[PDB]
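Structure follows of gepirone associated with 5-hydroxytryptamine receptor 1A.
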Amino acid sequence: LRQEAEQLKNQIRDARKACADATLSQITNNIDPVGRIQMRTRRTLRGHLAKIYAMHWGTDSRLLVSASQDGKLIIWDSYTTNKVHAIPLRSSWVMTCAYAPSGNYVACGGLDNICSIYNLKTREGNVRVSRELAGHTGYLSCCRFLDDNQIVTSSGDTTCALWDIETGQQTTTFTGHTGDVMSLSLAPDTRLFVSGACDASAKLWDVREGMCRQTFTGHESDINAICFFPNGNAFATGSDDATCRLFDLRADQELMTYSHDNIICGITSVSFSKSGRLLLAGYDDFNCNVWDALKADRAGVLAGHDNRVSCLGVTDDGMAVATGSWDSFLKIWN
Amino acid sequence: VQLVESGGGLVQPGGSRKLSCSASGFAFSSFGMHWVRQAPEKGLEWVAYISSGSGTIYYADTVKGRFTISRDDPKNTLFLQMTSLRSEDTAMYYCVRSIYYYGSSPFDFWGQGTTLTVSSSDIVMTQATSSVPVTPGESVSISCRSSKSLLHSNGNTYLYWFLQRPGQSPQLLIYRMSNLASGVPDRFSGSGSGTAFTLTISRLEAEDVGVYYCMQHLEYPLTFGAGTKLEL
Amino acid sequence: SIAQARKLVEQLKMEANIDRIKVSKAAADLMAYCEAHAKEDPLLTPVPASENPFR
Amino acid sequence: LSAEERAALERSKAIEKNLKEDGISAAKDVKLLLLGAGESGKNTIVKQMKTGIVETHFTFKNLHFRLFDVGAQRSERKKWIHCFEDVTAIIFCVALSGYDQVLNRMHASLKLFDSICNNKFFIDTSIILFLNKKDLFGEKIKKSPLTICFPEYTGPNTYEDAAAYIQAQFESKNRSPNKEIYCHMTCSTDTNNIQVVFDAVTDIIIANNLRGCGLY
Amino acid sequence: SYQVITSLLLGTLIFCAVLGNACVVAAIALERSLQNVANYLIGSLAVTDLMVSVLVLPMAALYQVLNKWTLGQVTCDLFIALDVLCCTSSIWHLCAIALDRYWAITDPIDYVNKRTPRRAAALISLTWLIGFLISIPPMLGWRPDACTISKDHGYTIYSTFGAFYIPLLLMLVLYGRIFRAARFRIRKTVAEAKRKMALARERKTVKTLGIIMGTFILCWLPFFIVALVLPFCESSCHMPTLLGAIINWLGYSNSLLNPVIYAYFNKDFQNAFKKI
Ligand SMILES: CC(C)CCC[C@@H](C)[C@H]1CC[C@H]2[C@@H]3CC=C4C[C@@H](O)CC[C@]4(C)[C@H]3CC[C@]12C
Ligand SMILES: CC(C)CCC[C@@H](C)[C@H]1CC[C@H]2[C@@H]3CC=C4C[C@@H](O)CC[C@]4(C)[C@H]3CC[C@]12C
Ligand SMILES: CC1(C)CC(=O)N(CCCCN2CCN(c3ncccn3)CC2)C(=O)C1
């Protein structure tokens with residue numbers, strides 16, 4: 001059936017080439033480019049004493065959770081730089097952290113292969129482990145809450161999982177990646193999510209159906225980062241091959257490539273602005289590069305980190321970008 | 001979550017007495033803890049505040065010097081050392097949980113209190129109405145006014161609403177003006193602005209019958225408005 | 001492996017049964033969303049220092 | 001600041017105090033990455049020292065060791081090998097009696113050792129090499145020659161010389177002056193590997209301090 | 001022109017000393033990778049040499065160009081106090097750095113479990129305390145157009161032994177122990193490529209300790225030889241003006257050479273200057 005699979009791939013790529021009526025690069029020639037994004041670090045969040053691997057913004061656009069290898073999960077009041085909580089993780093080898101859209105839970109995980117859910121709002125004043133989601137046989141690289149009771153986690157066991165937090169059970173398993181799955185991105189309607197993995201492919205998953213709707217293969221190296229466009233009809237990846245690609249769900253094709261000659265290091269994190277015209281990618285060359293998502297031009301550079309920028313996020317109100325990094329510092333930019 | 005105050009009883013005027021509240025079932029060391037007293041027929045009056053870790057301590061000017069608040073975190077006990085107990089120190093003393101981070105809910109839990117009987121620029125919170133008679137199923141609004149604007153430059157208005165039910169400890173209803181407390185049914189609403197505030201009950205039950213208190217948490221000499229008792 | 005091969009073939013068949021719109025229409029939709037929300041983009045169009053909560 | 005903002009700032013300061021205390025207590029731990037290939041004697045030396053990552057805590061002669069057994073991560077190491085970028089030493093386990101086995105076990109061990117020595121995140125990370133099952137290797141070397149694994153041996157067929165050649169093949173993968181490989185031969189029964197790890201870690205710390213001063 | 005050429009030479013010396021020490025302090029303050037206990041001692045040495053270069057060397061350079069103390073007599077006492085304080089603190093900073101290196105090389109367990117910035121602060125405070133203990137007696141109880149340190153006898157032993165000879169002995173002993181430990185480690189690592197690298201590392205140890213102790217000695221030993229002998233040579237020892245000036249300014253040039261030895265030769269400092 002290998003010949004049938006190869007024929008199906010060939011005819012699918014022929015169908016994709018059929019839809020290539022006009023590249024996104026051509027359409028946006030006659031539109032005004034953003035001049036030059038020059039953002040400035042507004043807050044610097046200090047208190048992580050090791051490498052920060054993940055941060056997530058709260059939906060209130062003021063609280064953010066960060067995960068670092070010092071075994072502490074810190075929730076920051078990014079307006080005042082106050083530390084709302086310092087959550088000591090049972091396993092210090094955290095690789096991902098999520099903040100619930102409600103704000104009542106944070107999740108984290110890593111080399112322990114467990115998604116630990118933390119109840120931020122308990123009757124007692126402590127943040128305690130609400131649930132430990134065991135069942136992944138590889139490290140957890142990403143996790144995102146659907147709501148207070150559902151969280152989707154990607155793993156190094158090449159499979160993503162949808163969890164019922166209350167019962168601690170894998171509601172759905174998202175198999176189909178051949179390499180380590182490195183990132184997740186929920187669509188704004190949370191009816192479907194993309195996941196980029198180490199097979200240099202990003203697969204579009206239906207949360208309810210539990211099956212891969214589409215597979216996107218433009219990258220050459222391991223995809224470390226993925227993020228939907230704000231409207232949910234597109235997403236952008238970030239891989240080790242020093243390029244970001246914008247894939248459209250409906251067009252089922254890569255629309256734009258965000259690469260520059262002097263950039264050779266991999267991309268650890270990608271995110272969009274509120275309008276989505278800016279693609280903010282964090283690179284291993286210690287800085288975050290802002291790209292005009294409609295023209296693939298480096299609008300700006302977020303220099304200011306002294307190590308690999310591992311994580312970055314944009315607030316839901318789009319006011320600020322926070323970039324974590326391996327230098328143990330979180331910086332809010334605006 | 002429990003807070004069991006201990007002490008009280010008859011004390012001769014000018015004497016001394018130690019008030020202890022044994023916290024149970026919560027992370028007592030991470031909570032700022034208060035003493036709030038209430039004279040046998042008067043409203044609530046905040047006595048003292050010891051922060052989490054004993055870092056910051058405040059007293060009411062009517063007890064400052066005579067009173068000393070302390071906490072025993074390993075033993076989860078909050079103390080009030082009272083000296084020179086005047087006749088106006090005759091009140092039920094409630095120990096109050098309070099935790100302060102962004103979005104927290106201070107004053108959410110109160111202890112059962114102890115009756116202490118003494119033998120023979122503060123913001124003025126003035127909820128002027130009192131003894132409001134209401135009927136079940138009706139919607140009542142409870143007024144509150146502040147001498148100074150409780151609204152802070154940060155956007156937060158530090159007005160609290162409590163429910164002294166008959167024979168029961170106060171219970172937080174609305175912690176920061178228009179913020180509904182946990183476990184409080186969403187028939188209470190917080191409204192108002194600046195210096196004037198109103199607490200609305202959409203459809204009051206027999207559970208809602210009690211005395212409703214304002215409290216400001218803007219400047220630290222926390223003050224209450226004499227309770228607007230709701231009666232059937 | 002027959003099972004893995006048939007699962008791959010079925011997955012590719014599911015990939016094939018996708019109604020792919022034109023990429024020009026997709027880019028038009030993306031540009032339209034970017035322009036219809038450019039004003040609601042504090043990063044692209046910096047807000048004044050009064051409206052900035054990080055100042 | 002408001003009163004509640006004052007108390008929130010005080011809580012944040014207490015949190016920073018606790019974070020500082022924890023980081024101070026954590027910087028005094030010697031972080032060891034236990035690494036190897038399956039049937040190699042990783043489990044034996046762990047049992048001597050005494051999910052997805054197993055962490056072994058043991059204090060030996062006033063020095064605290066955090067030994068990270070990551071053998072349950074059957075995934076791409078390079079996606080998490082950077083989490084151990086700051087380990088004092090990598091403890092690499094090799095089954096000496098793996099030249100005559102296939103899963104070639106010893107060639108796989110050499111390939112893993114090379115990929116770990118020349119990993120970018122481990123440029124200056126020394127390695128405490130353990131040549132495990134030396135009794136089994138001695139039993140198998142008088143019957144099975146060291147030619148199943150190494151065809152270009154062209155040497156004798158005794159236990160000592162064959163094991164020295166194996167250790168030399170492993171050490172030849174270093175290709176760096178700023179790290180050392182502390183090869184030790186273990187028989188899965190000697191209660192000394194803790195001392196060997198301690199001595200190698202002591203030597204690594206001393207050599208690092210000498211390097212800082214320009215004395216190395 | 002003798003005023004002008006001397007002024008330019010000493011001014012370039014002072015400017016280079018200020019620039020080098022200030023750049024070391026700025027590198028440690030800015031770069032967070034350069035904030036180590038050892039780096040704390042190195043940057044405290046840079047601070048001490050900066051104090052020397054900004055307080056002593058301008059007034060000393062004016063006193064050298066004009067060949068007389070044109071300032072006041074209370075300013076002369078202040079100059080002597082700052083000179084002795086800051087130079088003693090620089091020498092004892094060398095000793096503190098040597099002691100820290102000795103503890104790091106011979107005591108890895110202490111280096112991991114007990115060595116904290118508190119120890120760097122204790123060492124720095126100790127060096128400054130010894131500087132004060134040497135420089136205060138002239139102000140308290142052991143004391144025209146010339147500003148000279150107290151040429152006493154008891155204070156001469158006190159100020160030369162307490163500021164250089166005890167430091168010299170301590171640094172010699174500590175770096176001899178350090179050399180023994182470095183050699184022992186290199187022999188432990190002691191096929192031909194390994195031994196060639198061992199010989200190279202031994203050459204590196206010899207050259208590094210040579211730079212350290214030779215710069216220290218060449219800068220300061222002439223000064224303390226002259227400072228121990230002349231207060232005892234009532235007439236048997238006359239000091240040529242040019243020579244004695246060269247000795248004094250060798251001692252001062254130690255504060256120019258200290259950042260080079262301890263910072264501008266350190267690879268971490270070079271990388272951090274590159275980052276800046
Ligand atoms: C004013 C200046 C000259 C004072 C500085 C003295 C310096 C430059 C001189 C005096 C002693 C000399 C050192 C003496 C010993 C050795 C060890 C040898 O294996 C390498 C050269 C080396 C390291 C010399 C380097 C230069 C040196 C350090
Ligand atoms: C690079 C550095 C370390 C080299 C050594 C610098 C010192 C030792 C040298 C350089 C310039 C020299 C000075 C040049 C000018 C004079 C004026 C003369 O009437 C007395 C000697 C005196 C004051 C010299 C003292 C020693 C001196 C300061
Ligand atoms: C040369 C001159 C023309 C110009 C000049 O600068 N000076 C002063 C030199 C002082 C040099 N100090 C003396 C005091 N020190 C000290 N340190 C420690 C212990 C004891 N003593 C430091 C060095 C002259 O005498 C004439």
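To find a chain, count down the sequence lines: A is the first, B the second, and so on, and within it residues start at 1. Hydrogens, waters and symmetry mates are skipped; everything else that's a heavy atom, side chains included, is used. First listed ligand is number 1; within each ligand, the first listed atom is number 1.
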(message) I need every copy of gepirone for my figure - which ligands or chains are they?
(response) ligand 3
(message) Help me out: which other chains have any heavy atom nearer than 4.0 Å to gepirone?
(response) E
(request) Just go through E:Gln64, E:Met239, E:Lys68 and tell me whose heavy atom is the nearest to atom 1 (C) of gepirone. (result) E:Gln64
(request) Name the transmembrane segments of chain E with any heavy atom closer than 4.0 Å to gepirone, counting from the N terminus per UniProt. (result) 2, 3, 5, 6, 7
(message) So, going by heavy atoms and a 4.0 Å cut-off, which residues UniProt tags as serotonin-binding in chain E does gepirone reach?
(response) E:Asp83, E:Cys87
(message) Help me out - which other ligands and ions lie under 4.0 Å from gepirone?
(response) none
(request) Below 4.0 angstrom from a heavy atom of E:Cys87, which gepirone atoms are there? Numbered from 1 as shown, please. (result) 17 (N), 22 (C)
(request) Can you sort out which atoms of gepirone are near E:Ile149, meaning under 4.0 Å from one of its heavy atoms? (result) 20 (C), 21 (N)
(message) On a heavy-atom basis, I'd like to know which of E:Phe161, E:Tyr158, E:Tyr63, E:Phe224 is closest to atom 7 (N) of gepirone.
(response) E:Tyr63
(request) Before signing off on this row, confirm whether E:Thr88 and gepirone have an N or O atom pair separated by under 3.5 Å. (result) no
(message) I'd love to know the binding site of gepirone - heavy atoms within 4.0 Å, chain and number please.
(response) E:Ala60, E:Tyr63, E:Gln64, E:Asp83, E:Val84, E:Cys87, E:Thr88, E:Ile149, E:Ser159, E:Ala163, E:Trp220, E:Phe223, E:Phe224, E:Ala245, E:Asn248, E:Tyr252
